[PDB]
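Sequential numbering from 1 along the given sequence is applied to the chain's residues. Note that these values count all heavy atoms, side chains included, but never hydrogens, waters or copies made by symmetry. If you check the header, you will see the structure was determined by X-ray crystallography, 2.6 Å. Both counts, for ligands and for their atoms, begin at 1 and track the order of listing.
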Amino acid sequence: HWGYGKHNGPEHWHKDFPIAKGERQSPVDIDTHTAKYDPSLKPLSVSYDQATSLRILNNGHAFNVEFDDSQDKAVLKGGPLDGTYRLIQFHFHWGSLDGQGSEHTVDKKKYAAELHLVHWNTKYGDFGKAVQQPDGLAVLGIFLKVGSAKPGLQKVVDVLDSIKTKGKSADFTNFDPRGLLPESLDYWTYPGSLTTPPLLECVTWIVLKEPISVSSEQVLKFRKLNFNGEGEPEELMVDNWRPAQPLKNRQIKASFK
Ligand SMILES: CC(=O)c1ccc(S(=O)(=O)NC(=O)NC2CCCCC2)cc1
Ligand SMILES: [Zn+2]
């Protein structure tokens, strides 16, 4: 099936998933100087107090921390969003080296990695139905650079030896994702897509300006992960990112001057 190699990589995806060359594909380059401050943007409300992690999954693409999205416990609202969006999962995309890994770029700049806190609109009832809708998902994009450790990322780093290969999963309760947030909620926003197949055009994107600092050792653990399944030739999970896509008929709004 699809992957990130020479033969199944992003440039091959359009064959099985035509929308890949569609009209609102993610990620994009964020031209910070082309983006308009939008006064009419309401403030971003990130309400992660009752957030309930359950499991961590290696799906052979990335790893997902899954949350109990059976009630309004950890929600994204305000900003550009109309209604309430439930956190289902977060995952990263990262590089073979520190000079790459991010999917979104800022004035063509690539970060070491990028966090997707994935939420779905509660008016659609569930995630599968939400991705069928243009306003179905809100993804909170956060850039990772290498420097200081993120203390609140270490619990996730420590358990990754337990989910080394495709398919493997671990109980992962009580993780507080507020420890992955930067200081500032300043953000760009655009209409966009899932960045992997099926690349559905169901995403309101919210990328924070302020990156979080992770340690080289924290990112080195992500790179020790495996695309392949247990008992298979070792392919290291690195450069699991989609390059920037054509902006087409889209304006990127900013929450700040
Ligand atoms: C753009 C973006 O953030 C996003 C892309 C795909 C999906 S999905 O297809 O609904 N999720 C998964 O089942 N897999 C996950 C995701 C892709 C890597 C981590 C693993 C969810 C969010
Ligand atoms: Zn993602």
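- In this PDB structure, UniProt names the chief binding partner of ligand 1 as Carbonic anhydrase 2.
- As PDB records put it, the drug at ligand 1 is acetohexamide.
- Lab note: binding site of acetohexamide, heavy atoms under 4.0 Å, is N59, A62, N64, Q89, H91, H93, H116, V118, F127, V139, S193, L194, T195, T196, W205.
- UniProt's substrate-binding annotation for chain A and the heavy-atom shell under 4.0 Å around acetohexamide share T195, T196.
- An N or O contact shorter than 3.5 Å links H116 to acetohexamide by distance.
- Regarding atom 7 (C) of acetohexamide, its nearest protein heavy-atom neighbour is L194 CD2, 3.8 Å.
- For chain A, a heavy atom less than 4.0 Å from acetohexamide occurs in the following UniProt Zn(2+)-binding residues: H91, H93, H116.
- Residue, atom and distance of the protein heavy atom nearest to atom 6 (C) of acetohexamide are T196 OG1, 3.6 Å.
- Atoms of acetohexamide lying under 4.0 Å from any heavy atom of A62, numbered from 1 in the order shown and given with element: 18 (C), 19 (C).
- Shortest heavy-atom distance from acetohexamide to a UniProt active-site residue of chain A, with the residue named, rounded to 1 Å: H61, 5 Å.
- The shortest contact between atom 8 (S) of acetohexamide and any protein heavy atom is with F127 CZ, 4.5 Å.
- Looking at atom 11 (N) of acetohexamide, its nearest protein heavy atom turns out to be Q89 NE2, 3.5 Å.
- In terms of protein heavy-atom proximity, atom 22 (C) of acetohexamide is closest to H91 CE1, 3.5 Å.
- Listed by atom number, the atoms of acetohexamide under 4.0 Å from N64 heavy atoms are 12 (C), 14 (N), 15 (C), 19 (C), 20 (C).
- Nearby ligands and ions of acetohexamide, counting only those under 4.0 Å: ligand 2 (zinc ion).
- The UniProt domain of chain A holding most contacts with acetohexamide is Alpha-carbonic anhydrase.
- Summary of contacts: the protein heavy atom closest to atom 1 (C) of acetohexamide is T195 N, 3.0 Å.
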